[PDB]
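Residue numbers begin at 1 in each chain, while the letters A, B, ... track the order of the sequences. Counting starts at 1 for both ligands and their atoms, following the listed order. Only part shown; contacts counted inside that part.
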Amino acid sequence: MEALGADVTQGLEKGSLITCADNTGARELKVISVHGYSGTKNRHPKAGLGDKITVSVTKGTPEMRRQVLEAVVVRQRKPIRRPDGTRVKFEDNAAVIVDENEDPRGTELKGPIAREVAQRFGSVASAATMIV
Amino acid sequence: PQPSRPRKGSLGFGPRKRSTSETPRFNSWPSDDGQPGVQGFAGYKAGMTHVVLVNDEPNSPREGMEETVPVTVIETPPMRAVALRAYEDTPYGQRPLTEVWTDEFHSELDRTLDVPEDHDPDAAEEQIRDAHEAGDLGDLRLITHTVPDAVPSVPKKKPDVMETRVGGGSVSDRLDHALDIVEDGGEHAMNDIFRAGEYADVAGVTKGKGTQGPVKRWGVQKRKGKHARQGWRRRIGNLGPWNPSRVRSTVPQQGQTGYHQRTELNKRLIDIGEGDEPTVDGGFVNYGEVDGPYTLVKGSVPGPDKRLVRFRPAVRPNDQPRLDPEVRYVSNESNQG
Amino acid sequence: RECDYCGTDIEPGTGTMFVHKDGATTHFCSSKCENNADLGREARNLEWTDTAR
RNA sequence: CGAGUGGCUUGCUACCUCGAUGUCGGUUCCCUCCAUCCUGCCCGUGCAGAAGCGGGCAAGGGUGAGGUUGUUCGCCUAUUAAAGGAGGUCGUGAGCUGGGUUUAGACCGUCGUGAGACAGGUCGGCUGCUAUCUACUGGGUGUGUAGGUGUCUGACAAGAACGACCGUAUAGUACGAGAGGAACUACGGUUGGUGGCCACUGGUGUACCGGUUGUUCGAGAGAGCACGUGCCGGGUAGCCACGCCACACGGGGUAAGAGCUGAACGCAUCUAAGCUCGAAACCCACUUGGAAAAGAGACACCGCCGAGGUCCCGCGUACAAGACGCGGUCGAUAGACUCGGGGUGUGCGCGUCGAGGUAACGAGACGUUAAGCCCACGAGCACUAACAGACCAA
RNA sequence: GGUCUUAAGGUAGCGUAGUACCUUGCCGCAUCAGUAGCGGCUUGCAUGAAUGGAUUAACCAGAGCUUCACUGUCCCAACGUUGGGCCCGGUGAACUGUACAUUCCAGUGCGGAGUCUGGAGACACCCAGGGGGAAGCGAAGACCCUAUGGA
RNA sequence: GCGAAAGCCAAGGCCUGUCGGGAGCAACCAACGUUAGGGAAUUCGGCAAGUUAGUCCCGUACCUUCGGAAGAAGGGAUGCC
Ligand SMILES: C=C[C@]1(C)C[C@@H](OC(=O)CSCCN(CC)CC)[C@]2(C)[C@H](C)CC[C@]3(CCC(=O)[C@H]32)[C@@H](C)[C@@H]1O
Ligand SMILES: [Cl-]
Ligand SMILES: [Cl-]
Ligand SMILES: [Mg+2]
Ligand SMILES: [Mg+2]
Ligand SMILES: [Mg+2]
Ligand SMILES: [Mg+2]
Ligand SMILES: [Mg+2]
Ligand SMILES: [Mg+2]
Ligand SMILES: [Mg+2]
Ligand SMILES: [Mg+2]
Ligand SMILES: [Mg+2]
Ligand SMILES: [Mg+2]
Ligand SMILES: [Mg+2]
Ligand SMILES: [Mg+2]
Ligand SMILES: [Mg+2]
Ligand SMILES: [Mg+2]
Ligand SMILES: [Mg+2]
Ligand SMILES: [Mg+2]
Ligand SMILES: [Mg+2]
Ligand SMILES: [Mg+2]
Ligand SMILES: [Mg+2]
Ligand code: NA
Ligand code: NA
Ligand code: NA
Ligand code: NA
Ligand code: NA
Ligand code: NA
Ligand code: NA
Ligand code: NA
Ligand code: NA
Ligand code: NA
Ligand code: NA
Ligand code: NA
Ligand code: NA
Ligand code: NA
Ligand code: NA
Ligand SMILES: [Sr+2]
Ligand SMILES: [Sr+2]
Ligand SMILES: [Sr+2]
Ligand SMILES: [Sr+2]
Ligand SMILES: [Sr+2]
Ligand SMILES: [Sr+2]
Ligand SMILES: [Sr+2]
Ligand SMILES: [Sr+2]
Ligand SMILES: [Sr+2]
Ligand SMILES: [Sr+2]
Ligand SMILES: [Sr+2]
Ligand SMILES: [Sr+2]
Ligand SMILES: [Sr+2]
Ligand SMILES: [Sr+2]
Ligand SMILES: [Sr+2]
Ligand SMILES: [Sr+2]
Ligand SMILES: [Sr+2]
Ligand SMILES: [Sr+2]
Ligand SMILES: [Sr+2]
Ligand SMILES: [Sr+2]
Ligand SMILES: [Sr+2]
Ligand SMILES: [Sr+2]
Ligand SMILES: [Sr+2]
Ligand SMILES: [Sr+2]
Ligand SMILES: [Sr+2]
Ligand SMILES: [Sr+2]
């Protein structure tokens, strides 16, 4: 993929319960896979900020629950590294649901986003509230 | 069906034993391009600090922006090229012929060497020119040496001597270039061979870690789960199968870790300067105050603070030279925080 | 830049930027200060901070 | 229908072991095979492109994470370039696990007059040993080569030291009615593997500073104890990974293959002689080892009555013994003292306030006080200790 | 089949069960995914009435499953603590020993060789190690068959 | 302190659960502490470890043989002067 412009330390795993930062009716999301990643023997597939991940809805509305939808990691708790050497970390680990053409499933996204996710998934950025 | 996995540790840096010379010994030297000169310098490691730069790469979208880059501070005081050596092309490889020595030596060079009192440079030089005329002269290298007494933070005064190749021009014009440095006193700084912004190769003997186990040494798995409580924690599954009824040298075992010679490739020189610009507040940890000739090497460098490191123009570079970077800020903050 | 907690002159290429729930931004010069905030201690009330003196 | 190769399944035999060669499945760790799942280069096509289909060369590298089940096998989910298969006593229990099989206990179903049975199910049900030899990983001491120091060489040896994907431009271009939609090349990043390093982020830090609970030394101050820190907070050096740095291009010869000149065979023909090209594969490149290479190496210097080393002394860039490295007064090697740089977070005592209370008494706050206490780093400083002196040796 | 054997010929319930072979039965719940677990169906290889059947509050170091919470169980390993481990004094055993024995790659042999054949390799001694090999040590196999054996 | 509970301390007994010396003291093992992010992905199985925790107040479901369930659950409080 296109460079992030920052070094991440993968703060999530497969089976990790993260938040759904949108209005889709999805509250809690559970990571299943990390698009394009191939691991090694005996390693939980790690996910980081700005990764298109395959997800399943844990908590939410009856019509949205039990669905296997794709999403992008918007926020994470583990510090990421900006070029100027500064580290950045968020309050929680969150993601927004996305479609085939990488457009957000909702309209309004909750909480702050990172400026690195903007370059890659711009259709999510031109729908973002706050950008840090 | 037993999932695949690459073997633990590399099998190229073998055998993992203690090094013979703490002083790195190169086995490969650069190709001959233009101007005749020495193919390498050497210094003593000092410590680390970060430096802010301006992105020199025209392929990067960050071209022009401030970027923080880590830098290894290495003091590089002027060396003395005390001699010149020649190799004859024998069917057994490249065997040495003769050496051309000086007159003016260093007051404390007799701490390692048996300093010559009566030498004949003239007729030895004649033998090299007759071997050149014959067409059997190989590569010409200079016996270089360091001045540890120039570094106040290093307790060693006993000079580290090492051989360094000269190349670039025709075999005739480089033999003469070498002889010219020698007749003066052999004084040469880093400015003579290296320009800032260039990619060099730092060779050094690593930090001494003593005898360490398989997990640390070859990065093998610690015993997992239930298998960790039965009395086996950091010991491997087995030494091999039934047949071959012998333990292979490829199986991760215990032994000596560290004090191995490594040749760390493509190291960018960020700045070559003199004075107290890279020094730290409170001095460098387990080293001391840097004031004088130095080099700023990007990233890390093999060996501990006080050990001798060696430089060479990159034998295998990937990126095109981006000379003299705009070094905006160099940190001075204490490494005791 | 200056620290959003202690008021200490942060060395560039050294530091952590903590983003808040709402979206606010706090910078810390070292780990010492990050931990002091999570404890519930205030910079003005603690004598050692460059904010107090 | 016919001809075979393999030794992974099953079956047959009963050669080997009954004075015991420990089971299955799993695990960990190592070498290998090719009958190739991916990656490289190719041939054909029901080859427009695109995504395929089928075949050839090829074992360098890769071939992952999970749900049920003891399972091997298998069914299933999502990622992937792909998530290949097999051998090594169905690799591996003087390595592990002990879920399954296969003890003594018990239940159910079937059979049995009955004890009891079952290639039916089920619950519970143990894992010994101080390594002699050899093997390999690392570490020393002698001998040989035949006085010492420093620098090298390179017979050989090891490597995957690199593999792989994604994205950008090429380009909405070639191609195609359209839908749809590439390449050569130049770039950026990601993953797996590899080696090194710690400025930064993080971890640790029973150094250290602080708060505080019980109790004991009368209170105070200051201390012990509470598992080898009572607990809670912060945490330097160091070591670390979750942090950071670096890990080609190109050549040379081939394979399958595309071809050129070309005859036997007047033509034709890539092949028989000859030649130009062509794989991630082979050699080189690169990295590491490497004078014990018995052809037991080369150069420079120094010395053979003195070169050099050993002991000794002060210590680490070293360290399980040994080894190694530096310094030893022509000296800063270690300690003390002083700075500097750091940790903690405001000392004991006294002073003011203090809910109150007749007073005694008073938890506490402010000031004195970036205070006090502390430091595995650095600088300065010969004050202390590197003194005195032994031995070997052409 | 719409009696026959041998007396009768499975009623209440319960049911793919600790009993069901087929079987990972089919439907459903739950999970991304569930040979598991729970519910329903159930022709039950071969459930079933004191050989007791069914139900159950409470009880249980009894077997199975799911959720919340927690965590170094794992992703993936790091630093630290104490007693060892390593060196010095003293004390001072044993298991095991046909002989020789520096091995390795193949082969051969009673078909599982350090010792045979052919090669390769190999200077001697010593320290620490983790245990690949000696079909390692330990036990005249408990399995299996045999004996005109025992209980 | 509910306590013949823990922890600390007397009276009393002892330093004889009777070998020592040295190395920041390595690997490796036994007990064990703290580990960022994730949180059972480990494994036959949460095995191991962990979490909760005393006392007071509010509050407490299905079911039930009316005894119980139940300390269900859940929520608040807790020192010193
Ligand atoms: C018991 C012998 C065991 C330990 C295991 C044995 O397996 C059996 O003999 C089958 S019965 C196994 C269980 N045994 C108790 C351990 C029942 C008496 C098994 C696997 C074989 C089948 C017979 C030969 C063998 C040695 C070689 C081997 O594989 C062993 C014997 C000599 C070994 O001692
Ligand atoms: Cl996955
Ligand atoms: Cl294990
Ligand atoms: Mg696994
Ligand atoms: Mg620091
Ligand atoms: Mg800091
Ligand atoms: Mg017998
Ligand atoms: Mg055996
Ligand atoms: Mg083939
Ligand atoms: Mg191979
Ligand atoms: Mg086996
Ligand atoms: Mg074994
Ligand atoms: Mg055993
Ligand atoms: Mg079972
Ligand atoms: Mg069982
Ligand atoms: Mg044993
Ligand atoms: Mg069922
Ligand atoms: Mg059941
Ligand atoms: Mg029997
Ligand atoms: Mg009888
Ligand atoms: Mg953690
Ligand atoms: Mg598993
Ligand atoms: Na044990
Ligand atoms: Na075995
Ligand atoms: Na055959
Ligand atoms: Na067979
Ligand atoms: Na096994
Ligand atoms: Na291969
Ligand atoms: Na499986
Ligand atoms: Na076996
Ligand atoms: Na086993
Ligand atoms: Na066992
Ligand atoms: Na080629
Ligand atoms: Na019956
Ligand atoms: Na009981
Ligand atoms: Na732990
Ligand atoms: Na062994
Ligand atoms: Sr196997
Ligand atoms: Sr050299
Ligand atoms: Sr070499
Ligand atoms: Sr055990
Ligand atoms: Sr064998
Ligand atoms: Sr082949
Ligand atoms: Sr292919
Ligand atoms: Sr089998
Ligand atoms: Sr099956
Ligand atoms: Sr069992
Ligand atoms: Sr029984
Ligand atoms: Sr059975
Ligand atoms: Sr001899
Ligand atoms: Sr493209
Ligand atoms: Sr289109
Ligand atoms: Sr104590
Ligand atoms: Sr050809
Ligand atoms: Sr020699
Ligand atoms: Sr009926
Ligand atoms: Sr041992
Ligand atoms: Sr007493
Ligand atoms: Sr005694
Ligand atoms: Sr701490
Ligand atoms: Sr589980
Ligand atoms: Sr599982
Ligand atoms: Sr409560």
Which drug is recorded at ligand 1?
tiamulin
I keep wondering which chain grabs tiamulin the most here. What name does the PDB entry give it?
23S ribosomal RNA
Heavy-atom contacts under 4.0 Å: which other chains make them with tiamulin?
D, E
Source of RNA chain D according to the entry:
Haloarcula marismortui
Write out the residues of other chains lying under 4.0 Å from tiamulin, heavy atoms counted.
D/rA20, D/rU21, D/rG22, D/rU23, D/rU102, E/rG141, E/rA142, E/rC143
